*Asks:* 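Hey, got a structure here with dexmedetomidine, can you help?
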Amino acid sequence: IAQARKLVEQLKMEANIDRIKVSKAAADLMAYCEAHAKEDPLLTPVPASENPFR
Amino acid sequence: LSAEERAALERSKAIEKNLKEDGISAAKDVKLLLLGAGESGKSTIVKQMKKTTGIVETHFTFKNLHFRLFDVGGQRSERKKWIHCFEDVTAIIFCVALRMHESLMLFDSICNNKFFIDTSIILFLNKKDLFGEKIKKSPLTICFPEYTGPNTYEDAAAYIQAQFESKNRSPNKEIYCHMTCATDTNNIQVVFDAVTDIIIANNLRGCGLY
Amino acid sequence: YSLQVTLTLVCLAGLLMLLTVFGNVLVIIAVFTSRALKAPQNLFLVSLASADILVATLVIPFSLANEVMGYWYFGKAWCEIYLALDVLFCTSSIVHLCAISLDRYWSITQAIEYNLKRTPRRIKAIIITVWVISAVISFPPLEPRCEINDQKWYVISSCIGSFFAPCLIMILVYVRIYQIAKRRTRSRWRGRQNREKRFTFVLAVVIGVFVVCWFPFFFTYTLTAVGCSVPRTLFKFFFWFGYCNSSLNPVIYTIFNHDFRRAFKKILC
Amino acid sequence: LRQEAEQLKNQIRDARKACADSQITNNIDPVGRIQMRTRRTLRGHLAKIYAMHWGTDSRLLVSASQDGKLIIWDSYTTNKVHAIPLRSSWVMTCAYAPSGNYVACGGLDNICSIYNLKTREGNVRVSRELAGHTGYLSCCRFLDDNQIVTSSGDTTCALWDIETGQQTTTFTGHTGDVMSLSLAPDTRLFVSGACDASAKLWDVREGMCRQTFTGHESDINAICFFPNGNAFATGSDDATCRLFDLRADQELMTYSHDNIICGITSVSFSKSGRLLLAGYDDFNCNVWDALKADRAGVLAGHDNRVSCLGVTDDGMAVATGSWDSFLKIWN
Amino acid sequence: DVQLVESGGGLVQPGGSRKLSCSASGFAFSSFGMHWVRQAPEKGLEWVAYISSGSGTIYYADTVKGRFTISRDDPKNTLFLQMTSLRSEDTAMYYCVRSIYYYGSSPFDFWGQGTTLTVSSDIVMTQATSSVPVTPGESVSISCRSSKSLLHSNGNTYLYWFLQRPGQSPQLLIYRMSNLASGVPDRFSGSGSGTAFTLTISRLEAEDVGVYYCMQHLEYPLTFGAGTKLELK
Ligand SMILES: Cc1cccc([C@H](C)c2c[nH]cn2)c1C
């Protein structure tokens, strides 16, 4: 009784979703990662100088 | 190479020395973990020693060996996740008594694991007088197949001990046993003997020569 | 004289020295930087390997230079020193083997009280003590044909101190351990019998390589010293046998430890 | 009326299935051969370690081990700033305050302990002993200097107040052991793991879960938020990392490989969200691409298994540490 | 809180002997490096001696070697300094100062009360002028001329400032010439270059008047500047 009364009310909140399209979601993800790829050093190794670790 | 990180580094060395001293002092004792299943089990053993909802550690003292005993009794959560941390522990304790014998398969489950294998098990049968007074009467049954043995008493006890055992599928395991009546002080002594035996076995396995 | 074969002799001696130094540096590197291996026990093995390195890198060159030309090309200095170093290092090796075996026996027997005292302090003290005693044994008497000393008082005492006591101590200790192991190990019996035979074999080989290598030369050296002098040419072979054992010894201890062997496997590949 | 639940479930199944239509941006260049090397060897611990965290300075990292000691290292010079002796030896998590003044840890003691750093006496000491849970703790995070968020083994997650010392709210509904709760960069939402292959986002103010994601076969063990604060990836004992997006409400990229047969212990993203780091229950630290779906990055060593790994806020370096009591810094 | 009470001084004839005891309470003294600093009865500051937290490292000033010795005992929470063969120049009042060294540390944070004592190369910094008339509500600037650049390869600038209240024990303002000490209003702000050092005070009030000092920590021995005194004309 209680479990169903709670689950039914909970499920409608998750049902109330847009949903945003996966194509544009993936496009946003690739755009963001490409835009921010110029900062992290693991992609392109930085020079040995200015490196805190020798 | 600069004034003050010279002091910082010597502070670091002092910290390291203190840490190593504390570690070499702490690793000197021995650790046994007991996880009695069901009920009417480990309570008698823990009572035989001479802020809730958590594991309780009991510290013991016997012949210059103080023991750190951990019983995960209040842990209502699943075993697989928190069960593993006890990995480097010398001996386990197993208590059972006396139908509802899923503890039989639970023993097999704990004795067979991807890790934790190379550890001896000290199982206790803490309820013996109750079993005896139950077996003078004929329940009988025995609710086992093809028992085909004498009813009373040592014969039935030995058949039970042969059961609930022999599931050791690995070498270099020394499964122990005892007959506790919940009224004797010999439990500490036999535990000490088992610990001493497993230490000797271990040492012999170390070069080894085993 | 071996006018032509000296090339083969020097080649084999260099091969022996490189093999022993390789094995010893390998075992030292393995014992360092290994958390499981980290234990007070291994310090004796470290000291033994170090003494084995030093003896190989010092004595073998000069002994090789001897007996291939027939002339002591160097001066009177420093042959005395040389002999002292040679006896010191041999005795070191022997008594480190003695100490490691004694420590194991001490650990196996009377386990409840013993595990208490294995503190790097005590073990480092024992290492100091063994180095001192070796130095004390080696201290006296401190064309040219500078050959091994033959003082009657020195020869017998040095021989007994270098050989007889450690050998009997090893024999007694390992017989005791074998008896205890057999007694304790009175459907996976496949199994118990196989484990029994295996540990019997490993104890046999450990106690046997040492004796078969060191007994011949010391036996002959004890002979012709105060007793009847009946030496022969194979004395040179007997001499070399000691360096062969020095090369040999490190492996016979590293092979029979599963975690030690795993560390060796990791470091090699 | 329980059948209505399983019909609604088919409704939402068709919904998610229709809202999606791998074959996109596949032409981008591969990350290529990626190799990291050890630069430091933090060798102070004695026993196995479980968790570590990075400070906001990207300088001091704290790790916990079975010996019961917390160490604040100096990653630059491999020093030891502090060594806290614990009350309960058994610990499974640790956390660093964003302000750098407090450090918290917890384990099987079922109580979260919070410590203080800056004081007149110049010695660390306890501040509060949070005792509301009845199960083993999994992880702790700091929303700010005044609020903590934690996840225990009671299938429940609770938000506390250190000065108050009481559970201001409680979240529940996973019906399984919840592990590895990771806060989002926005510090207003978070997603927690579960023992039943389910992940749920939660609201830090309203108090009820917003979405519930599924699709995996076995227990999960790790989760972390994407730098953009709009996605996350979860690791599991099925040797599989699955990426979920709240907007998509469906799995995006199933990372898998036939050769690997093992579990997962910890994951962490990169600064730009292109390197997907992970720590397996094996003798390596497998590294995967963000969305290109190729097993590219491999890290050798160390001897034992791998428990935790954490990337710095700036991305200069990464840290590791596992049951062998050694910590390595890979750059 | 933290209290440093010292009383071991007295009028001693030249060539005599005396001992100094600085009692520490309110903090873990066993984990701190301890400093001795004396001030002349008329003007001037100088460093006497320093002892490490672990007592494994000792230092002394140029005119202290062979005459004065230092020693501390952790269980007693007190520092022992022995005055032997005291000279006519030694007539000055002293100060015992605590310190600590690790990453992001603030040494010389708290200063003692001091004792009254009477009788009968290395980089040096200069401050000029030593007296400037100021008014409340007006910002002021202080500079300390240094000899050698103090910017170490670690990216740091080993320099510290201090402020002595008129008749009271001095206390710290800026550490590492860039940060702010605890219990200090945000108006103060250190500054300067690698060799040139500047102190900035904004919205000066009538309770901050005193004497300023500059001090370096790049290399032993230490040294102190001439100092600058303000007024409320
Ligand atoms: C007494 C003594 C000490 C050291 C060495 C030896 C023998 C002759 C030897 C030489 N070279 C390697 N072994 C003896 C006899």
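Chain letters run A, B, ... following the sequence lines, proteins first and then strands; every chain starts at 1. When a ligand or atom number is given, it counts from 1 through the structure's own listing order. Header says: electron microscopy, 3.6 Å. Computed over heavy atoms, backbone and side chain alike; hydrogens, waters and symmetry mates excluded.
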*Asks:* What ligand or chain labels cover dexmedetomidine here?
*Replies:*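 It's found at ligand 1.
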*Asks:* Quick one: what's dexmedetomidine bound to in this structure? I mean the chain with the most contacts, named like UniProt names it.
*Replies:*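 The largest contact partner is Alpha-2A adrenergic receptor.
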*Asks:* Write down the other chains that contact dexmedetomidine with heavy atoms under 4.0 Å.
*Replies:*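 By heavy atom, the other chains are C.
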*Asks:* I'd like to know which transmembrane segments of chain C, in UniProt's order from the N terminus, sit with a heavy atom under 4.0 Å from dexmedetomidine.
*Replies:*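 Of the UniProt transmembrane segments of chain C, the ones with a heavy atom within range are 3, 5, 6, 7.
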